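Looking at a structure with FG-2216 today.
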Amino acid sequence: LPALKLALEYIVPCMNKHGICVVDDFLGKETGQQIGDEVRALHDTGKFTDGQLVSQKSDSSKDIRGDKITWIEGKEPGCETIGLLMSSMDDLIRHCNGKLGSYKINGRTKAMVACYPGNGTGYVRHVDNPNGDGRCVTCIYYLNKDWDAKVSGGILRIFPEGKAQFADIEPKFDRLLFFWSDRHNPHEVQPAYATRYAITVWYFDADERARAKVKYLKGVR
Ligand SMILES: O=C(O)CNC(=O)c1nc(Cl)c2ccccc2c1O
Ligand SMILES: [Mn+2]
C-alpha cells in the first residue's frame, strides 16, 4: 500500500481523532523478518545495554535488570534494514506534513531499539515528553512473531487523557504504532515473560524544539 495513501486515508484522520494509530503488516513478512534478524544479531553480539536497573539487592549478583537498549542510526553494517524501516517511517510522516494537529515536524531521533528480556520486567507508567522537549509523535515498530500476550504478557497499555478506559496494544510482528508523545498519552509496558523487541523513533515539532533550546541550554564569544 502506497505510503501516501496510508497517510491520507488512515494516519492523519486517526491521529487527529484518537492520537493513537495502529498499522498492521507495515513492511511485510520478508522485510520484517530481516529486521528481526538484524535486531537479534545486535543482541547476540553484545550491542545492547545490560538493562534498566529495576531492583538493587544486597548481593549485586541478584540485581534485577529490565529493558535493554541500543541506539541505531540506520547506516551501520548489519543495520541497513533497520535503516530501511526508519526511512519508511520518515516517508509516512513526510506525507502527513501539516496535517498532524498544527505541528510541523522537522526532524527526529535516532532509533531506540529496546529488548525486554522476558524476566517479568516491564516499564512503569510514564509520559514520553512531559516537559516540552520537542518530541510530538512516538513511532514504534514491533518485531515479535506469533506474540500471544495471554501467555507472554508485554502489552503496551495506553491511557488517553481524560478517558475512563485504556487501550491495550499487543507488540505484534510487523505492527507500526503512532501516538502523541506528550501528556495526551501516559502509557506502560506490562511485564514481559518472553523476549520482546521494539524499535522507536520520536519526531520533533519545529516550534517546540526551537524553544526547548532556550529552556534547556550553545555558547559563543
Ligand atoms: O515498547 C513499547 O510498547 C512501549 N515502550 C515504551 O513506552 C518505552 N518508553 C520509553 Cl520512554 C523508554 C525509554 C527507555 C527505554 C525503553 C523505553 C520504552 O520501552
Ligand atoms: Mn514510552
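Nothing fancy with the numbering, it's 1 onward along the sequence. As a basis for the values below, the full set of heavy atoms in this structure was taken, side chains included, without hydrogen atoms, waters or symmetry mates. Whatever order the structure lists ligands and atoms in, that order sets their numbers, starting from 1.
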Please list the parts of the model that make up FG-2216. ligand 1
Main binding partner of FG-2216 (ligand 1) in this structure, as named by UniProt? Egl nine homolog 1
Less than 4.0 Å from FG-2216 (ligand 1): which other ligands or ions? ligand 2 (manganese (II) ion)
When you measure from atom 11 (Cl) of FG-2216 (ligand 1) to each heavy atom in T138, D128, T49, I69, which option holds the nearest one? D128
Could you check which UniProt-annotated 2-oxoglutarate binders in chain A have any non-hydrogen atom under 4.0 Å from FG-2216 (ligand 1)? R196
Report the nearest protein non-hydrogen atom to atom 5 (N) of FG-2216 (ligand 1): residue, atom name, distance rounded to 0.1 Å. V189 CG2, 3.6 Å
Enumerate the atoms of FG-2216 (ligand 1) whose separation from the nearest heavy atom of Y142 is less than 4.0 angstrom. 2 (C), 3 (O)
Is FG-2216 (ligand 1) close to any UniProt-listed Fe cation-binding residue of chain A, that is, with a heavy atom under 4.0 Å, and which ones? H126, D128, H187
Say whether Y123, considering both its backbone and side-chain N or O atoms, lies within less than 3.5 Å of an N or O atom on FG-2216 (ligand 1). no
Using a 4.0 Å heavy-atom threshold (strictly under), name the region of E188 that reaches FG-2216 (ligand 1): side chain, backbone, both or neither. neither
Within reach of FG-2216 (ligand 1), part of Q52 (heavy-atom separation under 4.0 Å): neither
Residue part near FG-2216 (ligand 1), for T200, under 4.0 Å between non-hydrogen atoms: neither
Any idea which of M112, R125, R196, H187 brings a heavy atom closest to atom 2 (C) of FG-2216 (ligand 1)? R196
Mind checking which UniProt domain of chain A carries most of the contacts with FG-2216 (ligand 1)? Fe2OG dioxygenase
Heavy-atom nearest neighbour in the protein, as seen from atom 9 (N) of FG-2216 (ligand 1), with distance rounded to 0.1 Å: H126 NE2, 3.1 Å
If the cut-off is 4.0 Å to any non-hydrogen atom of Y116, which atoms of FG-2216 (ligand 1) fall inside it? 18 (C), 19 (O)
Between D67 and FG-2216 (ligand 1), is there a nitrogen or oxygen pair with a distance under 3.5 Å? no
Report all residues and nucleotides of other chains within 4.0 Å of FG-2216 (ligand 1) (non-hydrogen atoms). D67, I69, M112, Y116, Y123, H126, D128, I140, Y142, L156, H187, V189, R196
